[PDB]
Participant: 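Structure of cidofovir bound to Adenosine 5'-monophosphoramidase HINT2 - open in front of me now.
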Amino acid sequence: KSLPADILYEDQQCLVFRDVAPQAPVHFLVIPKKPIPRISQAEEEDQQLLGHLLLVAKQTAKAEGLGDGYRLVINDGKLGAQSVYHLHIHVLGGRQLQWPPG
Amino acid sequence: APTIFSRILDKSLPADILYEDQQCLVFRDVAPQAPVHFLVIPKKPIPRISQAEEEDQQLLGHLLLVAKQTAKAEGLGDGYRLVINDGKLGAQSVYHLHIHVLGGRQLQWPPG
Ligand SMILES: Nc1ccn(C[C@@H](CO)OCP(=O)(O)O)c(=O)n1
Ligand SMILES: [Cl-]
C-alpha cells in the first residue's frame, strides 16, 4: 500500500513512482500519462514522449543516488513478463545487477 | 576512448546489421543471452544513459522506436525485453550507450 510520497516525480507527460515489490534497494517506475499499453504499440507520434521518459528516468536515478550504476528495463508481452498493460520503465539500482537480465 | 562499437560503426568489424540510418545502428549481439538478442546504438557516442542530455531527447525516443520496429521484424510478437545498463552496478561493460533487445524465450524476474 503506497503513499503519495511514493510518487517521486510528476509532470504533464508522466508519473514516477516506487515499486511496491522492489527487486533492488532502489526500484522505481516511470509511466506515461498517455496510456500506451506496451512499447510494441508505441507509434512514431510518441517519439518525443518516449525520449522524455528516458530522460526523466535518468534524472530520477541521479536524484535517488544511483551514481554507482543502475539498470533500465521495459517489458513487452508475456515473454517480457509484462504484468500491467500500460507502459512502464523500470529503474533498478543500489545493488549489483546480474547478467543475463532475466 | 573509442569502444569496440566504433569498429562496428565504421564497418571495420563485420557485424550482422539489422538496421541503419544517420542517427543509429542495429546489430546482433555476438554473446546472445536469448534466441534473439540485438543491440540498438546511437551514432552519437553517448557513453552511458546517465550522460545523456536534454538535446538527446529526440534521439533517445528514436532509439526506442527503432528497437520496437526491429523487434517486430525479428518476430518477437509474443513479447520481449529492452535493457539499458548504466555503470558498474548496472553491469555496463561497453561504455557506448546501447539498448539490448531480448526475445525468443521467457524472460525471468527479477531482470538480473
Ligand atoms: N557471460 C557474460 C558476462 C558479461 N557480459 C557483459 C554484459 C554484462 O556485464 O555487458 C552488458 P552491456 O555493457 O550493457 O553490454 C556478457 O555479455 N556475457
Ligand atoms: Cl512490467
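Convention: sequence-line order gives letters A, B, ...; per-chain numbering from 1. Counting starts at 1 for both ligands and their atoms, in listed order. So how was this one determined? The header says X-ray crystallography, 2.0 Å. All values below were derived from every heavy atom in this structure, side-chain atoms included, with hydrogens, water molecules and symmetry-related copies excluded.
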Participant: For cidofovir, which ligands or chains should I point to, including every copy?
Facilitator: ligand 1
Participant: For cidofovir (ligand 1), which other chains have at least one heavy atom closer than 4.0 Å?
Facilitator: A, B
Participant: For B/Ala91 and cidofovir (ligand 1), does the shortest N/O to N/O distance drop below 3.5 Å?
Facilitator: yes
Participant: Identify which UniProt-listed AMP-binding residues in chain B lie under 4.0 Å from cidofovir (ligand 1) by heavy-atom distance.
Facilitator: B/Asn85, B/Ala91, B/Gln92, B/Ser93, B/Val94, B/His98, B/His100
Participant: By smallest heavy-atom separation, which active-site residue listed in UniProt for chain B is closest to cidofovir (ligand 1), and how many Å (rounded to 1 Å)?
Facilitator: B/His98, 3 Å
Participant: Taking only heavy atoms of B/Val94, which atoms of cidofovir (ligand 1) are found under 4.0 Å from at least one of them?
Facilitator: 13 (O)
Participant: Relative to atom 5 (N) of cidofovir (ligand 1), which among B/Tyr95, A/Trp99, B/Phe5 owns the nearest non-hydrogen atom?
Facilitator: A/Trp99
Participant: I need the atoms of cidofovir (ligand 1) closer than 4.0 Å to a non-hydrogen atom of B/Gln92, numbered in the order shown.
Facilitator: 13 (O)
Participant: Which cidofovir (ligand 1) atoms, with their elements, are less than 4.0 angstrom from a heavy-atom of B/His100?
Facilitator: 12 (P), 14 (O), 15 (O)
Participant: For cidofovir (ligand 1), which atoms have a heavy atom of B/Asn85 less than 4.0 angstrom away?
Facilitator: 11 (C), 12 (P), 14 (O)
Participant: Which UniProt domain in chain B is home to most of the residues around cidofovir (ligand 1)?
Facilitator: HIT
Participant: So is there a nitrogen or oxygen of B/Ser93 less than 3.5 Å from a nitrogen or oxygen in cidofovir (ligand 1)?
Facilitator: yes
Participant: For B/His98, take its heavy atoms, then give the atoms of cidofovir (ligand 1) lying under 4.0 Å from any of them.
Facilitator: 12 (P), 13 (O), 14 (O), 15 (O)
Participant: As an exercise, identify every atom of cidofovir (ligand 1) less than 4.0 angstrom from a heavy atom of B/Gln33.
Facilitator: 18 (N)
Participant: Binding site of cidofovir (ligand 1): which residues fall under 4.0 Å, heavy atoms only?
Facilitator: A/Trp99, B/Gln33, B/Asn85, B/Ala91, B/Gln92, B/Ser93, B/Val94, B/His98, B/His100
